[PDB]
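In what follows, a structure is listed as structure tokens, so that the remarks can point back to it.
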Number of protein chains: 2
Amino acid sequence: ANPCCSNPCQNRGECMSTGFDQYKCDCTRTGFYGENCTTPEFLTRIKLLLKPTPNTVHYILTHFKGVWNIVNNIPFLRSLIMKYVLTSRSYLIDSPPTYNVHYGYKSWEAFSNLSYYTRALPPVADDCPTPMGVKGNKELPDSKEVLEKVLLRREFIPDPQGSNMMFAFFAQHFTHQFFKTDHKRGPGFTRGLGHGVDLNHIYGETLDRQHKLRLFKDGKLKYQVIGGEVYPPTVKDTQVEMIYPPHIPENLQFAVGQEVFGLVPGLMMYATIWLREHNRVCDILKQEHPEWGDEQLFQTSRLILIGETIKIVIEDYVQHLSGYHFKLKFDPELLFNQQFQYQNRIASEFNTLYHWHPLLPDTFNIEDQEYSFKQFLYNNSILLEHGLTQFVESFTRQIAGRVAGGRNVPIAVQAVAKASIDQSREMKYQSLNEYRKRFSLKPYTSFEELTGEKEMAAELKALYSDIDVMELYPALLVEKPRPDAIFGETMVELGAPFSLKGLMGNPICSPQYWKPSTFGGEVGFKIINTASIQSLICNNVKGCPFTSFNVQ
Amino acid sequence: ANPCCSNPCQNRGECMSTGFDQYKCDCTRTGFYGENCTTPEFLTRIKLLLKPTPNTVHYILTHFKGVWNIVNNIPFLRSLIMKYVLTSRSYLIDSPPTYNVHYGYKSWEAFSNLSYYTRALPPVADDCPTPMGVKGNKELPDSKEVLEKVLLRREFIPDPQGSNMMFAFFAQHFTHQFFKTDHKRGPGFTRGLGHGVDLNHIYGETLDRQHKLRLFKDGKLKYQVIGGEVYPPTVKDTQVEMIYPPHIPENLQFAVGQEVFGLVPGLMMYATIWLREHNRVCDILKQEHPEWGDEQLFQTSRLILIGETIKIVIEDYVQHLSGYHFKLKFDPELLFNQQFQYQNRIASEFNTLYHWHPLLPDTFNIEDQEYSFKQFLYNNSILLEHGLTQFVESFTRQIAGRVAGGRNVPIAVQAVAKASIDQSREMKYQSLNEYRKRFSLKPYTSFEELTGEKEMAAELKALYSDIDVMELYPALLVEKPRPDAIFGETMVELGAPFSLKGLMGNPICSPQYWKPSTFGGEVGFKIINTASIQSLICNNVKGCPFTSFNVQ
Ligand code: HEM
Ligand code: HEM
Ligand SMILES: *[C@@H]1O[C@H](CO)[C@@H](O[C@@H]2O[C@H](CO)[C@@H](O)[C@H](O)[C@H]2NC(C)=O)[C@H](O)[C@H]1NC(C)=O
Ligand SMILES: *[C@@H]1O[C@H](CO)[C@@H](O[C@@H]2O[C@H](CO)[C@@H](O)[C@H](O)[C@H]2NC(C)=O)[C@H](O)[C@H]1NC(C)=O
Ligand SMILES: CCCCCCCCO[C@@H]1O[C@H](CO)[C@@H](O)[C@H](O)[C@H]1O
Ligand SMILES: CCCCCCCCO[C@@H]1O[C@H](CO)[C@@H](O)[C@H](O)[C@H]1O
Ligand SMILES: CCCCCCCCO[C@@H]1O[C@H](CO)[C@@H](O)[C@H](O)[C@H]1O
Ligand SMILES: CCCCCCCCO[C@@H]1O[C@H](CO)[C@@H](O)[C@H](O)[C@H]1O
Ligand SMILES: COc1ccc2cc([C@H](C)C(=O)O)ccc2c1
Ligand SMILES: COc1ccc2cc([C@H](C)C(=O)O)ccc2c1
Ligand SMILES: *[C@@H]1O[C@H](CO)[C@@H](O)[C@H](O)[C@H]1NC(C)=O
Ligand SMILES: *[C@@H]1O[C@H](CO)[C@@H](O)[C@H](O)[C@H]1NC(C)=O
Ligand SMILES: *[C@@H]1O[C@H](CO)[C@@H](O)[C@H](O)[C@H]1NC(C)=O
Ligand SMILES: *[C@H]1O[C@H](CO)[C@@H](O)[C@H](O)[C@H]1NC(C)=O
Ligand SMILES: [Cl-]
Ligand SMILES: [Cl-]
């Protein structure tokens with residue numbers, strides 16, 4: 001019965017009830033006016049005429065490779081373009097943040113309480129007649145039916161962009177520092193109170209956990225040596241709580257910053273690589289600063305690793321998944337003459353869209369072994385048996401699955417996929433098309449337009465009836481991909497703003513931090529500015545195997 | 001020991017050790033270069049040449065009233081000047097924040113741990129040969145001797161700016177939402193995790209406390225009615241913890257957001273006024289929104305009261321203490337085309353400088369009574385006996401003491417003033433002159449220059465020996481005042497940056513919050529934009545007595 005249930009205000013106008021059955025739209029700074037903020041100002045009309053579509057911009061970025069090779073070697077132009085990428089994306093994110101699962105209006109509680117994920121769109125109010133507001137049936141379709149018909153994998157569909165298992169596990173490892181759902185409280189709550197790239201998945205969320213993981217000599221993290229190789233220490237040694245099933249013996253209960261990283265050896269591979277990297281940087285800093293104590297060595301190494309992470313995420317990881325011929329750049333100085341907020345709050349919708357389970361293969365192929373999900377999960381003995389070198393060589397060669405395009409979620413994780421649907425509903429997510437509008441995208445007018453195809457589209461129409469009631473999460477996984485691409489339009493145009501804002505919003509990118517002295521001088525600073533996924537592997541994995549996020 | 005102990009890097013350059021007995025200065029973005037960041041770039045030379053001193057700017061702002069009267073009535077020019085006041089002041093504050101009591105270098109711990117006050121200047125390292133670094137004697141002078149010789153009141157010295165007890169108690173009430181030292185941890189730690197104007201001193205720091213203070217009908221806060229007058233509810237009724245001696249009568253144990261506010265009736269006066277204001281705003285919003293529930297009424301009223309507070313602080317409180325003929329303005333829109341960070345971390349030095357105990361009179365004069373400190377402390381019966389109307393009338397008439405100029409701290413609070421000195425030392429504060437340099441002020445070259453007189457200067461020279469080892473806090477209280485002013489140069493040039501940044505950094509000032517719908521529509525927004533100390537009192541105090549921050 002909330003008069004704002006229909007989501008009447010357009011173009012980011014805010015709806016407020018003015019009585020039991022009346023509403024008012026606040027069109028402040030939208031560029032539009034009128035009852036529903038749909039009448040454009042003159043300069044807004046000009047902007048809408050000139051603005052190219054995401055599909056047009058994507059086409060330009062993924063063609064003309066010869067022209068981009070030239071542009072990439074003109075620093076002024078590369079800087080200009082990267083600057084526009086950062087600013088245009090970041091403008092789509094509210095900062096300071098606004099809504100959350102419990103607040104569809106701005107409040108001090110929603111602003112101040114860091115235990116909530118924020119919300120890019122407010123929840124559908126509890127008293128609205130339908131799940132999506134006023135459109136659709138009284139109940140959304142059975143999530144098991146949605147899952148089985150259009151999400152579950154029949155035959156494995158490989159990623160045409162050539163993403164590999166190094167990419168899949170990097171995505172999981174990296175994102176799991178800021179997607180840490182507090183299941184005790186609910187799906188709209190997080191345990192990652194840093195709300196970004198703080199490397200708590202290496203160092204621990206709390207000071208007591210950090211201190212249990214630290215050696216307190218030379219800035220270093222605790223470790224063990226097994227057959228001459230460095231691995232994280234044990235739960236027994238450190239008293240650091242981890243999630244393991246009872247059958248895992250004490251010697252295989254590795255303790256790392258993030259309590260869930262014993263789940264799969266792919267996570268423990270990266271946990272081990274980053275642990276080694278921290279201790280490597282400690283050695284470098286000690287060489288430069290014989291006068292420094294353990295605490296400053298530890299803290300400075302952490303800041304360097306934060307920098308390395310952001311560098312690799314932009315110039316290797318995002319570079320790869322983007323598919324662009326343009327060479328992306330990690331350069332905080334690009335924002336120093338721009339309006340930009342050095343802060344971030346993690347959005348629930350960002351968490352939801354990043355459930356990239358179709359990346360996962362049917363089996364995990366290491367050396368000449370093909371491990372099932374059941375064999376792979378909670379099995380660090382696989383890591384010890386093969387070693388990091390073989391893990392990297394094998395993961396670099398193994399292709400990942402396509403995320404968009406439908407029917408590619410492995411059956412082994414069907415319950416996780418269903419949970420993503422169900423939890424979106426619990427959190428009262430607005431529809432796909434509302435989210436499309438929120439990120440300046442044209443609403444889909446049919447299910448065939450969404451999928452680019454007839455079969456799944458017809459299945460969805462029978463389930464949902466109205467395209468305006470289609471849900472965000474399943475839509476991301478069935479969406480028509482870009483040509484030979486891993487993702488469709490909605491994934492990129494939502495994903496990119498959340499991602500780049502989260503990376504550049506870090507305080508190390510602010511002008512008072514982005515200085516050599518922050519990182520122990522020019523040598524420390526250069527570790528950040530020259531970091532890559534290859535360098536990380538080369539320095540910390542025996543033999544310096546070749547690696548990349550693309551299969552060969 | 002540490003080669004950075006002498007504070008060699010100038011002009012906000014950062015010092016890093018490069019060995020046991022060698023340092024480097026990082027002059028990045030300072031405008032200077034060379035070993036100590038003292039060689040200016042050409043543009044810096046020009047800016048230095050043209051830039052007027054604070055004393056010259058203060059002169060211009062406090063003279064030429066006829067010209068300012070014209071300026072104040074030309075909106076474009078008033079906006080231009082206020083914009084420059086906000087941006088030039090805020091530029092002096094590091095945001096995101098950097099140092100704290102435990103970290104003299106940037107670290108993730110210092111950035112992320114909200115339990116610390118931040119630091120405008122890093123602490124003097126523990127292994128430095130002297131308290132201030134390398135200058136001065138091995139120990140600072142006896143703090144009791146400094147207190148007695150130059151701080152303690154002989155005869156009451158009234159404020160020549162005419163500040164009254166409404167002003168004094170407003171300062172105390174307002175600032176104690178963000179100065180809440182966690183004495184269990186130490187003077188460098190805070191319990192005010194909002195780090196700004198969140199009105200926790202009305203609503204409680206934690207959700208548990210807030211919920212005990214709330215009525216859960218119509219958005220309102222609980223209250224009691226004594227002699228037909230509204231007062232805060234009791235500790236017994238609410239179960240909220242307050243600090244009171246055990247003998248205080250049950251009905252006089254008033255429970256409010258801030259646990260210390262039973263300390264003096266002056267604080268409880270403002271607590272009662274704001275409580276009434278919250279409930280008054282609830283009534284207004286209920287009339288506008290009969291469809292709204294208790295939670296939205298409560299939250300929206302809180303946001304409105306935050307706005308009212310910022311409005312009153314700038315346009316009444318700061319306006320008064322500034323002494324300027326220019327009419328200051330609370331207008332978030334002034335910053336929308338500027339680079340500005342909507343965040344704040346409370347600085348330890350801001351806490352220290354705001355210990356304005358000389359404001360306090362020898363006795364508290366209400367109606368025909370003159371209460372001693374002993375009679376006034378923890379004595380809410382005084383408030384009940386006289387009533388709010390009489391409190392306002394009396395405190396509007398009673399003059400407060402001068403803060404600068406020396407020898408005006410009442411002996412009744414001598415232990416608090418001594419603690420301010422001792423805790424500054426414990427927190428390893430750098431010297432007055434280092435702080436002056438940090439805020440673009442010229443170092444004092446003698447004690448006579450500091451005080452503008454001979455007697456106190458001579459006592460200080462005998463105690464401290466070197467002007468470069470004079471301490472910040474006692475210096476603020478002995479500094480030569482501006483002509484017929486309450487403060488000297490150092491108080492204004494340090495206080496203003498911290499103050500204005502804390503006010504404008506609030507999320508309600510950000511573009512996504514600063515719109516009518518945030519506050520329940522134009523009716524709510526108007527409450528903020530028309531707020532004043534006179535209207536606060538008129539709306540909530542029987543008989544609408546005249547009030548002001550200056551004696552008439
Ligand atoms: C390696 C095999 C994997 C397994 C066995 C697995 C399993 C799971 C499970 C059981 C959950 C909890 C779901 C719930 O709350 O009910 C989860 C959450 C999640 N997964 Fe995976 N997953 C895997 C790989 C990946 C990959 C490659 C990604 C790509 C980024 C990913 C992204 C996520 C995200 C973002 C969450 C939400 C985390 C949170 O909110 O705490 N997962 N996964
Ligand atoms: C009215 C009588 C007042 C009394 C009896 C009083 C007493 C005290 C006491 C006992 C403390 C705690 C000291 C400590 O534990 O280290 C304190 C702190 C403080 N006082 Fe006052 N004071 C009064 C008025 C004022 C006024 C008018 C101001 C003006 C702003 C003020 C500013 C402060 C500040 C900023 C603190 C530090 C708060 C914190 O960090 O927790 N006080 N005062
Ligand atoms: C942030 O919000 C959550 C949700 O309201 C708070 O968690 C609740 O706190 C209340 C009051 O203490 C408890 O009674 C509930 O059991 C908590 N859990 C819920 C409702 O999920 C949390 O306290 C808030 N955090 C802060 C810092 O205030
Ligand atoms: C913020 O920093 C303080 C100071 O280091 C932390 O408090 C300490 O916590 C450690 C580890 O639990 C204890 O050994 C000390 O007793 C505490 N010291 C003091 C002075 O209180 C605090 O835990 C940090 N807060 C957060 C959120 O990490
Ligand atoms: C020639 C390529 C220039 C690089 C800029 C493109 C980076 C992504 O630019 C995006 O394009 C979309 C459609 O115009 C907009 O909706 C987004 O706000 C914008 O960030
Ligand atoms: C005529 C003055 C109108 C402009 C208002 C200026 C408000 C105070 O401006 C201050 O002046 C100081 C001395 O120049 C500077 O050091 C500070 O950075 C600046 O904020
Ligand atoms: C356009 C008008 C410019 C006139 C500016 C008057 C400058 C007054 O400058 C003087 O500077 C001294 C600095 O120590 C202070 O002690 C004096 O109080 C102050 O009057
Ligand atoms: C309220 C005063 C309590 C402390 C006073 C004793 C400390 C001695 O301090 C002295 O006080 C004299 C009298 O004011 C001054 O003439 C001297 O300059 C000063 O050194
Ligand atoms: C989380 O998912 C994504 C998907 C696509 C992205 C594309 C881009 C490029 C650089 C872009 O078009 O902005 C960035 C981040 C992205 C994150
Ligand atoms: C906390 O103590 C102060 C003292 C002086 C101030 C002056 C000003 C004016 C407007 C200024 O010169 O900026 C603002 C705030 C101030 C706070
Ligand atoms: C505003 O939207 C409503 C429904 O959302 C529609 O009926 C109405 O016509 C719109 N008003 C205008 C003036 O366009
Ligand atoms: C764990 O992996 C090993 C190989 O390292 C494999 O032989 C074993 O079967 C796995 N454990 C389980 C429970 O499947
Ligand atoms: C408290 O105030 C009352 C007047 O309201 C006064 O008579 C009494 O002396 C005071 N109590 C104490 C303990 O000083
Ligand atoms: C700073 O370096 C200068 C060189 O210009 C040197 O003369 C001076 O001694 C240094 N600083 C100090 C602490 O004197
Ligand atoms: Cl990302
Ligand atoms: Cl202030």
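Throughout, a chain's letter reflects where its sequence line sits, starting with A, and its residues are numbered from 1. No hydrogens, no waters, no symmetry mates; every other heavy atom, side chains included, goes into these values. Per the header: X-ray crystallography, 1.7 Å. Both counts, for ligands and for their atoms, begin at 1 and track the order of listing.
- What sits at ligand 9 is the drug naproxen.
- Going by UniProt, the chain with the most contacts to naproxen (ligand 9) here is Prostaglandin G/H synthase 2.
- Counting only heavy atoms under 4.0 Å, the other chains near naproxen (ligand 9) are A.
- By chain and number, the binding site of naproxen (ligand 9) (heavy atoms under 4.0 Å) reads A/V85, A/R89, A/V318, A/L321, A/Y324, A/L328, A/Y354, A/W356, A/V492, A/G495, A/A496, A/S499, A/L500.
- Backbone and side-chain nitrogen or oxygen atoms of A/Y324 are examined, and one is located within less than 3.5 angstrom of a nitrogen or oxygen of naproxen (ligand 9).
- For naproxen (ligand 9), one of its N or O atoms has an N or O atom of A/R89 under 3.5 Å away.
- Organism of origin for chain A, per the PDB: Mus musculus.
- Closest protein heavy atom to atom 4 (C) of naproxen (ligand 9): A/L321 CD1, 3.6 Å.
- When only non-hydrogen protein atoms are considered, atom 15 (C) of naproxen (ligand 9) lies nearest to A/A496 CA, 3.5 Å.
- As for UniProt substrate-binding residues in chain A, a heavy atom under 4.0 Å from naproxen (ligand 9) is present in A/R89, A/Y324.
- Taking every heavy atom of A/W356 and a limit of under 4.0 angstrom, the matching atoms of naproxen (ligand 9) come to 1 (C), 2 (O).
- Per-residue contacts place A/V318 under 4.0 angstrom from the following atoms of naproxen (ligand 9) (heavy atoms of the residue considered): 8 (C), 10 (C), 14 (C), 15 (C).
- Using a 4.0 Å heavy-atom cut-off, no UniProt heme b-binding residue of chain A is near naproxen (ligand 9).
- Close contacts of naproxen (ligand 9) with A/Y354, meaning ligand atoms under 4.0 Å from a residue heavy atom, involve 1 (C).
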